[PDB]
Trainee: 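There's a structure below that I have some questions on.
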Protein chains: 2
Amino acid sequence: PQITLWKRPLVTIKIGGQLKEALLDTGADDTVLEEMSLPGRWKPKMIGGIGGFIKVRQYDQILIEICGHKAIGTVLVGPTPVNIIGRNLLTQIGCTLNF
Amino acid sequence: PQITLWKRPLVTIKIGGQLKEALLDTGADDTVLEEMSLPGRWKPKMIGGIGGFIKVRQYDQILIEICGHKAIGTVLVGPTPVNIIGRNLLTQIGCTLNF
Ligand SMILES: COC(=O)N[C@H](C(=O)N[C@@H](Cc1ccccc1)[C@@H](O)CN(Cc1ccc(-c2ccccn2)cc1)NC(=O)[C@@H](NC(=O)OC)C(C)(C)C)C(C)(C)C
Ligand SMILES: [Cl-]
């Protein structure tokens, strides 16, 4: 699709068989989801936004579908205000900015 | 232009006679710049991101040139780690997400 920006670019994602809403975020290096359960081991990461840094759990090679496009990559989990799809997965689904 | 997302989508902007680098940020409602002087009246605003909230000065009807495209809108000024071009100005230059 072509997504204009008059509203927040919110899409449906599917992860662990669950549907969630997430923000397509060109300003985010990483993908960060609200607290949830994921399989396997995790490693620590500190990520910095406006306001400061938060600690998150890093899971690698996670299956996630974004607006019907399949991706497999790193998903961070922690006290984010909103589910965020960052550039690590936007690139996998072939996202560009255009004007 | 078409901007891929392998790297941070940083572009040159011109604002208040100054050239600055800023991030094209579809995950931002607002445009927020590092400390600078702007003309006219302002009012305080709290904005929230990953690490909580910061206080900024809100200036309305500010002229900005983004990657060669002129726009007018509200610009917030304050302790952001990075210069951010948010949706309020991305719409004005006809910027879309495409995949
Ligand atoms: C290199 O660092 C990053 O990539 N940082 C990312 C990040 O925070 N990106 C910011 C822009 C940014 C980049 C680098 C340093 C600091 C900030 C945005 O792309 C992500 N984002 C994602 C985000 C969106 C909403 C909220 C939020 C916060 C409080 C209440 C409700 N929502 C938090 C994070 N948006 C906002 O924070 C915006 N907030 C906003 O539009 O609020 C409606 C601002 C900007 C206008 C403040 C992540 C931590 C998500 C990975
Ligand atoms: Cl505006």
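Chain letters run A, B, ... following the sequence lines, proteins first, then strands; residues in each count from 1. The basis for the numbers below is simple: all heavy atoms, side chains too, and nothing from hydrogens, waters or symmetry mates. Just so you know, ligand 1 is whichever comes first in the structure, and atom 1 is the first atom listed for that ligand.
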Trainee: State which drug is located at ligand 1.
Mentor: atazanavir
Trainee: Which chain is the chief contact partner of atazanavir here, under the naming of the PDB entry?
Mentor: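 The chain with more contacts than any other is protease.
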Trainee: Which neighbouring chains have any non-hydrogen atom closer than 4.0 Å to atazanavir?
Mentor: A, B
Trainee: Hey, which residues are hanging around atazanavir within 4.0 Å, heavy atoms only?
Mentor: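 On a heavy-atom basis, the binding site is A/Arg8, A/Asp25, A/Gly27, A/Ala28, A/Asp29, A/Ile47, A/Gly48, A/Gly49, A/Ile50, A/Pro81, A/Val82, A/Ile84, B/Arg8, B/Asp25, B/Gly27, B/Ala28, B/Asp29, B/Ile47, B/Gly48, B/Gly49, B/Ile50, B/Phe53, B/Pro81, B/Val82, B/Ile84.
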Trainee: Which atazanavir atoms does B/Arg8 reach within 4.0 Å, using its non-hydrogen atoms?
Mentor: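 Answer, ordered by atom number: 1 (C).
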Trainee: Which protein non-hydrogen atom lies closest to atom 37 (O) of atazanavir, naming both residue and atom, and how far is it?
Mentor: B/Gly49 CA, 3.2 Å
Trainee: So if I count the atoms of atazanavir from 1 in the order they appear, which ones are less than 4.0 Å from some heavy atom of A/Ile84?
Mentor: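 Counting atoms of atazanavir from 1, those under 4.0 Å from A/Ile84 are 22 (C), 50 (C).
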Trainee: Give me the residue, atom name and distance of the protein heavy atom closest to atom 14 (C) of atazanavir.
Mentor: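 So the nearest neighbour among protein heavy atoms is B/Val82 CG1, 3.5 Å.
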Trainee: Students should be able to answer this: which protein heavy-atom is nearest to atom 17 (C) of atazanavir, and at what distance?
Mentor: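 Checked against all protein heavy atoms, atom 17 (C) of atazanavir sits closest to A/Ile50 N, 3.6 Å.
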Trainee: Among all protein heavy atoms, pick the one closest to atom 4 (O) of atazanavir and tell me residue, atom and distance.
Mentor: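 For this ligand atom, the closest protein heavy atom is A/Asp29 N, 2.9 Å.
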Trainee: Give yes or no for whether the N/O distance cutoff of 3.5 Å, strictly under, is met between A/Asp25 and atazanavir.
Mentor: yes
Trainee: For atazanavir, find out whether one of its N or O atoms is nearer than 3.5 Å to an N or O atom of A/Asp30.
Mentor: no
Trainee: Does the N or O separation between B/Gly27 and atazanavir drop below 3.5 Å for any pair?
Mentor: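 The answer is yes, given that B/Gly27 and atazanavir share an N or O pair closer than 3.5 Å.
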Trainee: Nearest protein heavy atom to atom 42 (O) of atazanavir, by residue and atom, and its distance?
Mentor: B/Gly48 O, 3.4 Å
Trainee: How far is atom 31 (C) of atazanavir from the closest protein heavy atom, and which atom is that?
Mentor: A/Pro81 CB, 4.0 Å
Trainee: Could you list each N/O atom of atazanavir together with any protein N/O atom closer than 3.5 Å, one pair per line with the distance?
Mentor:
from, atom 1, to, atom 2, distance (Å)
atazanavir, 2 (O), A/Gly48, O, 3.4
atazanavir, 4 (O), A/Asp29, N, 2.9
atazanavir, 5 (N), A/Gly48, O, 3.0
atazanavir, 9 (N), A/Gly27, O, 3.2
atazanavir, 19 (O), A/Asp25, OD1, 3.0
atazanavir, 19 (O), A/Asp25, OD2, 3.2
atazanavir, 19 (O), A/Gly27, O, 3.2
atazanavir, 19 (O), B/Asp25, OD1, 2.7
atazanavir, 19 (O), B/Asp25, OD2, 2.7
atazanavir, 21 (N), B/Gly27, O, 3.4
atazanavir, 35 (N), B/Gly27, O, 3.0
atazanavir, 39 (N), B/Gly48, O, 2.9
atazanavir, 41 (O), B/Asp29, N, 2.9
atazanavir, 42 (O), B/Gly48, O, 3.4

